[PDB]
Trainee: 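Here we have a deposited structure with zidovudine present.
Within every chain, numbering begins at 1; the chains are lettered A, B, ... in the order of the sequence lines, protein sequences first and strands thereafter. Note that ligands are numbered from 1 as they come in the structure, with each ligand's atoms numbered from 1 the same way.
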Number of protein chains: 2
Amino acid sequence: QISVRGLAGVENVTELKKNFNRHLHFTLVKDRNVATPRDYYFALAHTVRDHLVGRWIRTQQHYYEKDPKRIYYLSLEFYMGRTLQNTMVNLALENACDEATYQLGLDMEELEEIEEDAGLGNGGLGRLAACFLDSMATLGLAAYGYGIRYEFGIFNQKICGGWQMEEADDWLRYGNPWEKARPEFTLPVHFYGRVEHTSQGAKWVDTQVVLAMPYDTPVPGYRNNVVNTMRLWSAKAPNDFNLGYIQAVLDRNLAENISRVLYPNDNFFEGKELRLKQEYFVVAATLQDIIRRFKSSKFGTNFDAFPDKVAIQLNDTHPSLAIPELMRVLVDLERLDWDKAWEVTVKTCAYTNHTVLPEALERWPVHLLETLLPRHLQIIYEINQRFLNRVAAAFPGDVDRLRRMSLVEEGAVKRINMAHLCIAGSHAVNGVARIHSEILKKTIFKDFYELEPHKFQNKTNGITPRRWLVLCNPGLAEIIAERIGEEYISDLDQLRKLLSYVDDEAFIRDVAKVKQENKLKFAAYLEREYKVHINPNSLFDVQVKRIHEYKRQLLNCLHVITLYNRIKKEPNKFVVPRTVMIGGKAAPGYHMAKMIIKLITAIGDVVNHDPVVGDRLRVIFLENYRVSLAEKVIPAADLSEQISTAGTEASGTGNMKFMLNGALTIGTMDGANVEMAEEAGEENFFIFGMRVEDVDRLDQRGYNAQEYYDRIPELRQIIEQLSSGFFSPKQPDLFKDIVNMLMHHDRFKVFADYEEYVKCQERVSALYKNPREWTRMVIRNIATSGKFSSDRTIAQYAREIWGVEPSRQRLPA
Amino acid sequence: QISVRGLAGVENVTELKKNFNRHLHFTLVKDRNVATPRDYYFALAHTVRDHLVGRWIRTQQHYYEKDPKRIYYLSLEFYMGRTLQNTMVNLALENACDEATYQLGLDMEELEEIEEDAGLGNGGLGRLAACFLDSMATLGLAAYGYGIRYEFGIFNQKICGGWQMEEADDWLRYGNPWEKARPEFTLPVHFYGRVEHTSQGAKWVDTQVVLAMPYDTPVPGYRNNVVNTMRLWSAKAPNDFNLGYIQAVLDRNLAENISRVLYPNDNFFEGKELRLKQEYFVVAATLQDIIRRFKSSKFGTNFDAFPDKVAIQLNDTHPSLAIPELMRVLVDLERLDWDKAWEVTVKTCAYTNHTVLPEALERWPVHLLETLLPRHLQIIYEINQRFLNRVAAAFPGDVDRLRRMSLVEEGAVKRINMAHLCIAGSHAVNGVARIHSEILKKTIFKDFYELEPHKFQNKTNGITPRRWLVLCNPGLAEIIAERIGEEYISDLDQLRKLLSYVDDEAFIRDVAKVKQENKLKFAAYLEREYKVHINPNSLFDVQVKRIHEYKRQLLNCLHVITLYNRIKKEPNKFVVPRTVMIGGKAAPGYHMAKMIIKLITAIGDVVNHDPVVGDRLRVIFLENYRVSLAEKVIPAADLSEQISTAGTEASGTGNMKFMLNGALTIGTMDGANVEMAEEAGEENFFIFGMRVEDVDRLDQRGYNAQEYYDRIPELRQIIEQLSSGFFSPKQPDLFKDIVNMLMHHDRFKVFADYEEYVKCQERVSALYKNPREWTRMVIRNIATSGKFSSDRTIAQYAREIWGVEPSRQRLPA
Ligand SMILES: Cc1cn([C@H]2C[C@H](N=[N+]=[N-])[C@@H](CO)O2)c(=O)[nH]c1=O
Ligand SMILES: Cc1cn([C@H]2C[C@H](N=[N+]=[N-])[C@@H](CO)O2)c(=O)[nH]c1=O
């Protein structure tokens, strides 16, 4: 149907149809008489999968022959979403499959909805890993994603009586056609035991063994015939495990629990033993795999060349145990001396920091490591001692610096600071947006920056334009392609060419038309799938992201209530109609986040059923927000809410997705918002609120929320409404926790940004009254969104950290 | 190479090779450069599997159109072994695959050894189920095997220091290419809860739900294009299970433990709750599936025709809960009155008894059923009351009969006798050999036989000649086929034609040649796989079966020691050389059986290293005895030991396997040995020892083992040797338990059969000295083994129990 979706050649369509029928018969063991839509989905998935394998085998063969430097991206999270449409896009198969399925009497879009999300992440950090894999393959890098194959990913969120309920994400129930089990490459991982000292150094003995079984998933580059690998480890008990008889067999579960479930915490550290086991499990199996591949190379025993052939990227501190594990292997097993091993380790490892929030920093109790990983603790102590000797020599007499920089934190419980370990053992440390990277050097890692300034870098985050434009917004990709061609898909800077169309009446009409169609499609989706009725002529005001105090969904709530109260005060006055959509999951143990969800639904309950309001204001909580839902709501959005307190959101990536898809942004000067505004021009952004410096000034003075309550009558009214039970008639004190927090212990200064936020929202509404000028501003945003492609981000990692050159060159088909 | 293995047509070989290469590439994602023999096995398995699916789909389609009476074979055990070679044989593909793999530079026999046994059974009972499935498909019956897909089958047995060690049978590790998951047909199973009474009868409420997910495995008939289904259920937790968060997800294991492991008890009842859950799990899911299929038929609401369209065969009492579960569904859910429901139940169900040993009988504590299955207990009480009212009316005043026949046993703990439940609720009850069936009517079920004589039948066991001749002994199948053609493979009575070749010098030479080749092949196997050296010119004396006191491996041990002592007494005297092979697993908690294994190895330790013995006597314990090992050792055997105490082995089936493969039998008049001897003529069997009547006479008098010890000097010497530490120098009292048992508490009268056994063994040795006459007797055995085909057995079930006609007619290809 549309150009960007590839050719539907007679030969290809015929070949796809017959292979579809073959899979339905031989693979699914069905005929057309008994097949369900799920069967049809699987026959399609298997057909598309077949096109990958040849490229997959020759890509890996190519790397064996050429022996390039290999990039190992270590992450506990890969938030992949669905794979079917993504694979078709990158293989140029979408129109052909659409045609082949149409001719078989099937709707491909219906079949696509059947695929489960691979929900192996929490949010930003996990989704960045997924975007990174796509970009690395697209840029021809010899890259491998390594992680854990969780049996249960992020929970499915149900809303019951306005409250979040969690249910198990049993994503493997019907099978996963994309993965290939590789039981032949199973590796042992050791836990517990004790350390023994001999003439030949230390020995780790009396350990429990858990097996790590790899599952490989293909990662196709964009139309370049490159197919990289994501390898995910699964925990298996050895066959002599605990070997009365029946119980010993049943106890195998204990070992296999390691890969059972993803910890559903976003930007929060929970010091549980199972989590530590997961972290070591991925690290130990991965490093063995890395070393095996290194020894079995066309190049080489000699570990001097190890950093020339291997880069390990640590996605946050979660795989920080890679550092002492690499030391363990090199010193204890390969018998390298400490200094040489350390040189190799530092030159191999690099660390990416994702947040400055203290509650997210990993600080493991020493007693946990002592029991679980006794040899790693000894190595960490030794790293610490040698590192602090370096600090002492550079800053003689500075005893407080020594305590501040120590990997070992003293106190009630002794802890290991994993961030400090990462900096010490990596040749590069990066933040994820310019402002965040500067905050690292100025505040939390100031001491480390003074010692080793060369180590500190910025790599501003990005998103893949394949998933986040072509796949989810084909209509927009197409109108862009009509004007400037298709090259921008793997070279997003070319979107600048769109600036010369900002006064083009045809283009203005097309941009606005694509948005309306997206909005109609999403409005229909809501009725069909959730039985909720919305006005597609209203401004789609959306905030979608994990529920957090720092992300300030509560500030959004305050604005919504302000609009409601203003309408109630002057009912017959004209207001720009809005659909306010808020979505995201709360971590199960995060009480305040669960209260905020309840608040949003409670506001909806009052606002959506007030006859005086009509269809002028609607508040909807978007249930079970996840990658596949993001692909639907983001193209439909007019307004993107990025309203975190300045200095708290390291980068954000949702912001970039909205910019690419034709939404205007209301936000603070936080994270990547700063660079986005810089790229588009501040005139083309709705920036409000305190800057980082203003927050610091308020902290020194002391934040007093009562002041704002006293001086802003509209804010006072909202607090009285919350307190008195206006939004909870049956349970008048339901929201006392929220009011108390806002009035007395608000770390994120919600009240302090209220006035400017409400005023800025009025400026948004005014612009929306003028469709042509709204759309012209939109064009100015889309046109300057190129910097935020993960292809740019990965090219920067490649050149400035990994020491490898990106390549757009095709491999032969 | 050989005739019976089918055609190797140019078209077929070419087509097999290309499909092999396709699977290696697309299915396994490998090329010839990286593929292991395991990969080659899997590519072959997938290629052969493809040939099944078309036949599988049309067989099931055929049953839907024709709507025949369906047979449901309910078993907790299906001892399937390997599937690859069996599938090739039944599809006439073996030579073609052999040729196709040869041309690809691969040895097919090497690839066949890579397949894991499906070890989902303990021994005789589970293997009978497997033979039955093969025969039912071969006879064109619309039959379904229903069971549990255990994650761990029967343990792998390792021998360490002469002791049995158990390790987990992780048979699914590398995947199972034969099964197809059917998550779309998942069904709920209920546990616990309570019973509520309403105006509309009883209601079972507040239950825990476990999901039952079916996996279908194809069962091909012999060259008739029929492919039936074995459906095995797997336990899955529902997604809201226990739904802090992490623990709730981890606790899903509790539910899924139901299908985790096979209870490794052979002929022994262990009253564990998990076992009861397994029994109800298979029954509840199966019956829902049965009823669903019944309602969705071309015929029919009206349950009057239910027994016309459905037969349920209960393999032992393990699925006995089918009876009250069917009542529950019909009464509580379908709202049929009790009397009608009961009529339907009785006419639907039939029960096969497998043993008379009291320790094997299932007697469940009432308190277990009360908690787990409260509604089923109420139904059982009601069945009991109505049944005992019938007994009271037929035998007025006979109060002891009432207590003897009650389904409820009184005592310390109240128990339900599941055998009594089965008889009451089935229209047919059968034993598994003529002598066993007579013992049922005369002893343990005498009262029930007096009440309902019409219910009691015999169905003598059988084995499939496909697996147990063609597959494991192609050399013998071929020389037979040269003389009499190939029709005997699905009509084993035709082997009688071989009687006219008993004086044929060519045939005599060929029979003896096939045995020698088998013996050489097995002797080589032992060296390669276990590094043990044996003389292939010796008589292969083999006893393979589960380790039990009743099977009297100990009597065999006594004979072995007698031979050793006789050699030591007169070293320079000639004795017929023997390799004595004993193999089988002991249940992990069965101490005496584990001691017997230790004894066998201990004897081997002394005998195998005595220079005076030389290669005249060898004692070998065959490790990890299982179906695949049976297929190797049985064709190599000269002497088959079937030496259970008369009246204890209900049938046996190993006996029949040895008879079919050219071994002579030494045995008691027990189980099917009686019918085997009757078929071949007693002159052509080595029968010894007490008959059932002699055992009873000894029981009345009182068995005194001391008497035999006093009067048999050779027996006395063996006991002194055991006691004094002759076979355990480091641990002189190691075998005190065994001696004490033999002397004081021997339920199985080992000493009482010693003299006759030893004398009979001398007659065996004498015959073996005359090769021509040994082989002529062998021919007389093979030639009369036809009755013991499971095709005969199943034809008898079909006609006399299920009310269906067998068919040899081909379905179209
Ligand atoms: C599970 C979870 C809890 N919390 C709770 C833990 C802290 N309890 N205290 N004190 C509180 C403040 O960080 O928030 C959070 O912030 N994020 C989370 O993800
Ligand atoms: C596990 C197992 C134990 N036993 C033990 C249980 C009994 N213990 N007592 N008394 C003993 C005699 O039946 O054998 C058995 O016979 N067969 C088995 O399979």
Trainee: Which polymer chain has more close contacts with zidovudine (ligand 1) than any other, using its name in UniProt?
Mentor: Glycogen phosphorylase, muscle form
Trainee: Help me out: which other chains have heavy atoms closer than 4.0 Å to zidovudine (ligand 1)?
Mentor: A
Trainee: State which residues lie within 4.0 Å of zidovudine (ligand 1), judged on heavy atoms.
Mentor: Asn265(A), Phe268(A), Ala587(A), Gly589(A), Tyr590(A)
Trainee: Is atom 7 (C) of zidovudine (ligand 1) near the protein, in the sense that some protein heavy atom lies at less than 4.0 Å from it?
Mentor: no
Trainee: Give me the nearest non-hydrogen protein atom to atom 14 (O) of zidovudine (ligand 1) as residue plus atom name, then the distance to 0.1 Å.
Mentor: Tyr590(A) CE2, 4.1 Å
Trainee: What do you think, any protein heavy atom under 4.0 angstrom from atom 11 (C) of zidovudine (ligand 1)?
Mentor: no
Trainee: Return yes when at least one protein heavy atom is under 4.0 Å from atom 17 (N) of zidovudine (ligand 1), and no when none is.
Mentor: yes
Trainee: Of all the atoms in zidovudine (ligand 1), which lie at a distance below 4.0 Å from a heavy atom belonging to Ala587(A)?
Mentor: 1 (C), 19 (O)
Trainee: Heavy-atom distance from atom 2 (C) of zidovudine (ligand 1) to the protein below 4.0 Å?
Mentor: yes
